[PDB]
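The sequence lines are taken in order and lettered A, B, and onward as chains. Here the PDB entry sets the residue numbers for chain A, with the shown residues being 6-219 in order. Following the PDB entry, chain B residues are numbered 7-215, in order. Throughout, chain C uses the PDB entry numbering, with the displayed residues spanning 7-218 in order. Indexing begins at 1, ligand by ligand and atom by atom, following the structure's order. What's counted below: heavy atoms across the whole structure, side chains too, no hydrogens, waters or symmetry copies.
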Amino acid sequence: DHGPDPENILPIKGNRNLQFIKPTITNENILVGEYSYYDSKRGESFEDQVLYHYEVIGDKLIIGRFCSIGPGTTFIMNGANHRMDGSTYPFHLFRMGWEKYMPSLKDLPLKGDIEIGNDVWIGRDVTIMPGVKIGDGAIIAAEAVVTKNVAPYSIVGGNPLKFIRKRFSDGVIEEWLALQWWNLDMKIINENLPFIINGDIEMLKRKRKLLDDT
Amino acid sequence: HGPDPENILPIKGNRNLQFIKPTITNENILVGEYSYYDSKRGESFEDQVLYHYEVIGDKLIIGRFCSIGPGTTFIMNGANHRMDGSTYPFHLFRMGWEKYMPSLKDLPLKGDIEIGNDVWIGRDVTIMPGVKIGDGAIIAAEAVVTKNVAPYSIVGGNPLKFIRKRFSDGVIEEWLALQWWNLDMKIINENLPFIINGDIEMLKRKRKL
Amino acid sequence: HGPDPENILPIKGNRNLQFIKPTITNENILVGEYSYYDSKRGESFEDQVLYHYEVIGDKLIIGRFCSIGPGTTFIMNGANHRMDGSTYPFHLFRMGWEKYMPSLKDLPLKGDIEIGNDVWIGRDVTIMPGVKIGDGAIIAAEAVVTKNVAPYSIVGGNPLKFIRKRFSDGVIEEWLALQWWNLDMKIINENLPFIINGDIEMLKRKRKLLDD
Ligand SMILES: CC1=C\[C@@H](O)CC(=O)Cc2nc(co2)C(=O)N2CCC=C2C(=O)O[C@H](C(C)C)[C@H](C)/C=C/C(=O)NC\C=C\1
Ligand SMILES: [Cl-]
Ligand SMILES: [Cl-]
Ligand SMILES: [Cl-]
Ligand SMILES: [Cl-]
Ligand SMILES: [Cl-]
Ligand SMILES: [Cl-]
Ligand SMILES: [Cl-]
Ligand SMILES: [Cl-]
Ligand SMILES: [Cl-]
Ligand code: NA
C-alpha cells in the first residue's frame, strides 16, 4: 500500500509548489498520467503553463506517468503559428471588416499533439514546441527549447535542441522499454522499486521473466 | 475597413494586445502603424526596451504590420561595458571614481536596432544592440537575436542561427519591390486576399494596373 | 577613494544595484568585495541562488569586482536527480517511499560553482552546477553556462559556445599574474586608469617588482 495518493493535488506535506498534475486538470485535450508532477515556481497550475491551446484547433497535450516536470516549463500548442503563405499579420483578429479574412485551419502550419512518454524528467524553464514527441525515460536539460522529437532514454538540451547522449546502452534501453514498469500494478511497482530506483535492470528483467507465464 | 491604428486596445475584450505607436511615450522609439505588442499581462511595449539612454542616443525603429510576441525584449547600447581592460563600471559608484567616466568612443556602441515591415517576432525573443531585421522575416520564440536577419528569412536559437528563407530569391525580390505596407489603406483593403495568400503574381498585376 | 563595499546600495537614487557581500546571510556562499548584483525589481542575490541545500555541502564562491546582471541564476546541486534507474524522486512523497531516500553518493553531484574576479555576467544568464569561471571573463546575456569558462574569454549561447579570447595569451598571463583585484585599494586607486584602459605594460612598471 506504500505510496502517495495520485488524486492528492499537494502530496508533499508543507509543500505548496509541487503538484500532482492529473487531479488539477480542468481543461479537455490535456491527458496526464498518475504520479506525474509539476513543481511550480509559485503555486501556479500546470494548465497555466499551457499556451496557445484552443479547442477549435483540437490539438492535444499528452503526458504519461511518473514524469517530473520542472518549474516554468511551458507547452506551446498550435495557436502560435501564423499563416506563412503571405503576410504573417493576423488581420482578422482586429475585425472592423477584416474578420472576413478569418483563416481556415488547412492554411495554417498545424503540427498535431504534444506527446510525452513515461518517467520523463523535464528541467526548469524548458519550452516545448508544438507537435513534439518525447520518449520514455528521457531527460530534458533546463532551459531547453524542445524543437524536435526526443528519443526514449536520451538526454537533450539547448536552443535549438541538440542531442547530448544516450542514458544507457541500447540493450539496456530495450529492456527498460520491454519492462514498462510504469504500466505495472502498484503492488508490482512497489515490489520492484528498489531496482527501478537503483537501475538493477538485470534483476528487473529476471523478475519480469519470472512472471511471464507464457 | 480596419481598426483605428491610434487605438491602444484594438480588439474588443482584449486588454493584453496593444497597438504600439499610440503607446509610445519615450524619445528615440519610432514604431510604424498596425504593429502590435501582445503583452503577457498588460505591460507596455516601452518597458520591454532596456538600457536605453538618451546620452547614448541610439534608436529603436520598427516598421508597420509587425507582430511582436509577449516578453520580447530589446537590449540597447547602454548594456555594453568598456572592454579595453576591466569591464567593471567604477565611475558609477563615484566617491572619487566618477572621473573614470568613459567617453562614448571608449564604449563598443553598435548603432540603432532597426526592424522592418511585416516582421513576426516570437514569444520571449531577446534582441541585441545594433541588430537589423529585414521585412517579412520570422523570428522564432525564445531566439536571441545576436546578428542581422535577412528580409523574408526564418531564424532562431541562442545564439541565432539561420533556418531557411521563406521563398525563392525572385519572389522575395518581388515582395520587396511591391512594398505593400506602404500603400494606401484603401488599396491594401482591396488587396488583402492576395497579401494574405501570397499571390504575388496577382499583386504585381493589379499594381501595374 | 571608492565606495564602501559594505554599503548595500552604493549608488544614490538606485534601489536595484546591490553590493552583494553585505547582503549575504546564507552559509556556503562567499562573494568578494565590490561585486554587485543589478536586480530587476529589488530582489536579493540569494533569491537567485537555487537548489542550494546545506546537507549537500556545495559552495558558491564569487571573486571581487564582478558585474552580475539582472536575472542571473545559479543552479546548485539540489536539482540533480538520481540517474541510475528512474529519475522519479519517490522518496519525496513518503508514505513508505521514504525508505528510498538516496545517499549523497547516489546523487550526481557537480561540486561548487566558482567565479573569479573582474567577471562580467550578462542579464538572464543561467549558471549550471559545478561550473568554474575564470578571472576577467565575459558571459553573454541569456547564456546557459554549461561548462567551465577560461579566464579572459568571451562566451555565450545555450549551450555555451566559446566566442573569443579577449587578449593574446601573453597578455592574459600578465593579467592573471598581476591579480589587480587582490591589491590594496591605495594601489588599485593609483592604477585605475591602466586597469580600466587595459595598459598592462604600464601597469607592470608601476608595480616595480623585485625582479626588474
Ligand atoms: C550596464 C552597466 C552596469 C550595470 O550592470 C548596472 C546598471 O545598469 C546600473 C546603472 N547604470 C547606470 C545607472 O544605473 C548609468 O548611469 N549608465 C549605464 C549606462 C550608461 C550610463 C551612464 O553613466 O552614462 C554615461 C554618459 C553620461 C557618458 C556613459 C554612457 C556611461 C556608460 C557606461 O559606463 N556603461 C557601463 C555599463 C554600465
Ligand atoms: Cl522566475
Ligand atoms: Cl510518447
Ligand atoms: Cl548494448
Ligand atoms: Cl512570465
Ligand atoms: Cl557628488
Ligand atoms: Cl538548507
Ligand atoms: Cl511521514
Ligand atoms: Cl568542487
Ligand atoms: Cl580568439
Ligand atoms: Na544554441
**Q.** Drug choice at ligand 1 - virginiamycin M1, BMS-754807, PT523, UCN-01
**A.** virginiamycin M1
Q. In this entry, what is the main binding partner of virginiamycin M1, named as in UniProt?
A. Virginiamycin A acetyltransferase
Q. Around virginiamycin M1, which other chains have a heavy atom under 4.0 Å away?
A. B, C
**Q.** Heavy-atom contacts of virginiamycin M1 within 4.0 Å
**A.** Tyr57(B), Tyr59(B), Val61(B), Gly84(B), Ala85(B), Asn86(B), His87(B), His97(B), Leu98(B), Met107(B), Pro108(B), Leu113(B), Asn20(C), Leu23(C), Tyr42(C), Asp44(C)
Q.
Please list, in number order, the atoms of virginiamycin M1 under 4.0 Å from a heavy atom of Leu113(B).
A. 32 (C)
Q: Around atom 19 (C) of virginiamycin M1, find the nearest protein heavy atom and jot down its residue, atom name and distance.
A: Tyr59(B) CE1, 3.2 Å
Q. Any N/O of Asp44(C) closer than 3.5 Å to an N/O of virginiamycin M1?
A. yes
**Q.** Closest UniProt active-site residue, chain B vs virginiamycin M1, non-hydrogen distance to 1 Å
**A.** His87(B), 3 Å
Q) Less than 3.5 Å between some nitrogen or oxygen of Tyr57(B) and one of virginiamycin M1, yes or no? A) no
Q. In this entry, what organism is named for chain B?
A. Staphylococcus aureus
Q.
Under 4.0 Å from a heavy atom of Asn20(C): which atoms of virginiamycin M1 are those, numbered in the order shown and with their elements?
A. 14 (O)
Q | Closest approach of any protein heavy atom to atom 34 (O) of virginiamycin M1, naming residue and atom | A | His97(B) NE2, 2.5 Å
Q) With atoms numbered from 1 as shown, which atoms in virginiamycin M1 lie under 4.0 angstrom from a non-hydrogen atom of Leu23(C)? A) 6 (C), 9 (C)
Q | Protein contact of atom 10 (C) of virginiamycin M1 - nearest heavy atom, named by residue and atom, plus distance | A | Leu98(B) CD1, 4.1 Å
